[PDB]
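Model: Rho-associated protein kinase 1 / ligand hydroxyfasudil.
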Amino acid sequence: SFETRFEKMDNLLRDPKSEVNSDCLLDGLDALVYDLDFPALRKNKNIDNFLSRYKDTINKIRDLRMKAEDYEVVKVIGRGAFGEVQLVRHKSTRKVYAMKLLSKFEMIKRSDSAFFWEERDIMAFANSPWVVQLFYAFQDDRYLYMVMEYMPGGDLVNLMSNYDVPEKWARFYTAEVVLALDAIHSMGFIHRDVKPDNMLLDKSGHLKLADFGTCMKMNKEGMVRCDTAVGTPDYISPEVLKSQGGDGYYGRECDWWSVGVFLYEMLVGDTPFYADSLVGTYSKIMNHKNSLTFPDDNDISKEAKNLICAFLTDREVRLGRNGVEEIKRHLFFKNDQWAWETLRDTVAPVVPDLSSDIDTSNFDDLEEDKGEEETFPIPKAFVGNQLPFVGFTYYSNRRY
Amino acid sequence: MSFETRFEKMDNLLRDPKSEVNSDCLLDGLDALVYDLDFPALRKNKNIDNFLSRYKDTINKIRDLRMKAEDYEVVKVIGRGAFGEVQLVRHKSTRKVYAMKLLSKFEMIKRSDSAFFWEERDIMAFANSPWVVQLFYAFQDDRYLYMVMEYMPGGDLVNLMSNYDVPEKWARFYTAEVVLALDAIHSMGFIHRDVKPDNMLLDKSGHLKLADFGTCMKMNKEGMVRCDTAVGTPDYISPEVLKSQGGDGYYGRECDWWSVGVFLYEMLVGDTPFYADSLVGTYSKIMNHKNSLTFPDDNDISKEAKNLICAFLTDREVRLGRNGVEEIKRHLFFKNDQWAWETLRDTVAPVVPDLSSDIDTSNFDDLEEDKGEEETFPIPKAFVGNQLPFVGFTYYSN
Ligand SMILES: O=S(=O)(c1cccc2c(O)nccc12)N1CCCNCC1
Ligand SMILES: O=S(=O)(c1cccc2c(O)nccc12)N1CCCNCC1
């Protein structure tokens with residue numbers, strides 16, 4: 001019909017998950033103008049005329065759409081790998097966010113993942129109190145921008161370094177991770193990189209999973225076929241670490257191994273497979289049968305050791321192989337201050353005391369500023385460097 | 001402006017027909033970028049290969065759903081127009097009858113002239129005037145531009161003059177409808193530059209409408225325009241436009257009124273005032289119009305008709321219509337007892353066409369057939385971008 005087609009086209013122009021919605025189309029044009037505005041390309045009449053035909057148009061667009069100078073940077077609160085995270089206040093709305101910058105040139109400089117799609121998809125659609133929420137995602141010719149919610153309570157690395165964690169706290173934080181990972185699994189993902197660095201606390205001190213860069217979609221039988229290893233040396237499971245080109249076929253059990261590593265560290269103060277060099281940790285992980293020991297200290301309850309050992313074993317016998325409910329039924333979690341279905345409604349072990357909406361006391365101080373880093377080299381022929389980032393924008397077509 | 005404003009102004013742009021960033025225009029830029037990249041030589045780059053691999057499924061389904069060529073059933077070819085043909089079509093779904101104009105993308109690019117269609121698309125779609133042929137739908141593919149206009153079953157004025165020895169009453173009517181039609185085009189901010197009986201079409205009631213605006217240009221601050229183009233058929237073209245063979249001259253709207261004078265002369269005499277066997281002969285006679293403009297030795301043409309023709313066929317500086325359109329209307333040639341200017345298009349036309357069906361193409365001569373296969377593009381070894389000049393041409397109506 002002449003109307004069905006008009007409607008079906010309109011479903012593709014609106015759907016927040018359409019590859020051709022208003023966001024993706026405004027990006028597609030925006031990418032082209034960027035990837036053509038070079039003197040060596042302006043020699044072509046078509047390219048030259050098109051840019052001048054759209055010059056006044058494309059500027060009005062870039063002024064109306066969400067851009068970087070719409071935000072007032074308060075302080076940098078994290079940096080490294082492919083950019084930095086900074087506490088920002090939206091100049092217009094005065095609302096406070098945590099904005100993550102991703103270097104386009106750096107990611108294209110051999111990263112082999114295009115991982116940001118998974119992270120953008122989860123944070124924007126998870127709709128879970130256990131997941132850090134994405135509000136806006138925009139871009140330019142140099143950086144990707146993820147406007148997430150601010151977590152003023154800081155991460156779990158900061159918490160463990162300032163407190164000798166008692167069991168009551170450990171049980172709480174382990175249980176919040178178990179529920180958080182269960183929510184991620186329900187969406188159809190294996191996290192593959194569970195660690196205190198990725199665990200952030202809100203203004204009440206409740207846990208949320210942040211950064212889903214290593215996330216991959218599970219198949220029908222809930223497995224992942226990956227030939228190269230992914231994760232962190234201390235928290236990586238034996239099967240993901242040895243995962244070879246032979247198969248590299250593992251389930252969600254790898255996430256529960258990392259939860260056990262997380263629990264061990266909270267109580268002992270060290271990683272279960274620590275060594276002098278990085279390569280030593282590796283031999284100790286493969287040898288978890290004989291390397292996993294508890295230091296002589298009478299403060300780790302029987303149930304704590306039981307749970308850690310149930311998580312820190314081979315995939316075939318590992319706790320959590322028979323679903324999440326058997327982890328919840330474990331005696332370590334048996335307490336009298338909360339229940340699983342009402343856990344995130346109870347008072348947290350460490351409620352943070354905040355001075356203002358911009359209180360960054362729980363984040364270690366950094367220099368900021370930098371000095372505008374190097375991006376893509378100026379093309380001599382049409383390269384199309386902005387094409388792999390078309391549709392990353394989450395602004396015009398977002399879910400409400 | 002607030003956040004709610006900056007968002008909503010942007011959101012309104014994607015639904016605004018007059019916007020260059022509207023949903024249909026954005027779908028073009030993506031549809032175009034796929035065509036101008038899907039070549040094995042450019043597939044070598046991963047940024048390009050990864051782009052096409054993702055938007056593969058999407059761009060096909062989009063192309064099938066949007067208004068395409070096979071949505072129309074061609075009834076009969078009714079006109080040839082340099083870059084392509086005009087054909088009477090019936091929309092398969094709605095059964096509505098239109099005149100669709102095709103324009104060869106390769107042919108346009110081949111001989112420059114690939115920007116004139118913007119002026120024609122903008123006028124026909126937004127003019128909203130009973131004197132202007134209306135554009136309903138404008139779509140495209142990788143080869144042709146498509147302009148779905150209203151069908152004019154009455155035919156053109158070329159056909160009329162060849163079948164009748166036009167009397168003055170008729171000439172007065174048709175001249176007055178052109179004057180009002182061009183005045184409506186000037187009011188939008190345009191100089192037609194190509195006023196001729198080929199471009200004047202009659203509706204089902206036999207009333208005039210200007211069709212084909214492929215040479216219209218936007219007037220600057222002073223209401224003038226610069227230009228430089230190899231002129232086709234100088235018969236109706238003015239001295240000033242002819243003396244501007246290379247941007248070496250600015251001219252106003254008075255060049256349109258000269259063409260009206262040529263139009264009136266032809267209706268009464270039966271021939272163009274500056275006709276010659278060669279194209280350069282016509283030009284030479286137009287330049288020497290001070291001495292070449294003559295009248296037949298039979299006083300069939302009245303005093304006022306001669307007065308008006310001579311008033312239109314003089315130098316720009318003294319030409320009638322320089323002081324506005326109202327002095328053309330006040331002329332004694334138009335003095336009649338059948339109609340008034342403000343109610344002219346409501347009166348009964350001198351020739352009301354008798355139509356058999358909604359597809360009665362009796363007022364249009366049969367067209368032969370090109371019998372010639374159209375030239376295509378060579379497979380690029382780089383990025384030529386032979387789709388960018390046709391981005392944002394797609395137009396729909398509510
Ligand atoms: O992007 S982060 O998740 C991150 C760091 C600091 C504050 C945040 C915050 O407040 N909200 C969301 C994410 C945040 N992060 C931690 C993982 C390691 N790499 C990126 C920095
Ligand atoms: O496009 S045309 O305006 C043209 C020709 C024949 C029928 C039409 C019709 O019915 N409607 C609109 C335009 C039409 N045209 C005449 C001008 C010369 N070149 C293009 C063809």
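Chain identifiers are assigned alphabetically (A, B, ...) following the order of the sequence lines, protein sequences preceding nucleic acid strands; residue numbering begins at 1 within each chain. Below, each value reflects all heavy atoms present in this structure, side chains not excepted, and no hydrogens, waters or symmetry copies. First listed ligand is number 1; within each ligand, the first listed atom is number 1.
- Other chains with one or more heavy atoms under 4.0 Å from any atom of hydroxyfasudil (ligand 2): B.
- Looking at the UniProt active-site residues in chain B, the one nearest to hydroxyfasudil (ligand 2) by heavy-atom distance, rounded to 1 Å, is B:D194, 7 Å.
- With a cut-off of 4.0 Å on heavy-atom distance, the UniProt-listed ATP-binding residues of chain B close to hydroxyfasudil (ligand 2) are: B:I78, B:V86, B:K101.
- Residues of chain B near hydroxyfasudil (ligand 2) cluster mainly in the UniProt domain Protein kinase.
- By chain and number, the binding site of hydroxyfasudil (ligand 2) (heavy atoms under 4.0 Å) reads B:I78, B:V86, B:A99, B:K101, B:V133, B:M149, B:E150, B:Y151, B:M152, B:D198, B:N199, B:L201, B:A211, B:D212, B:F364.
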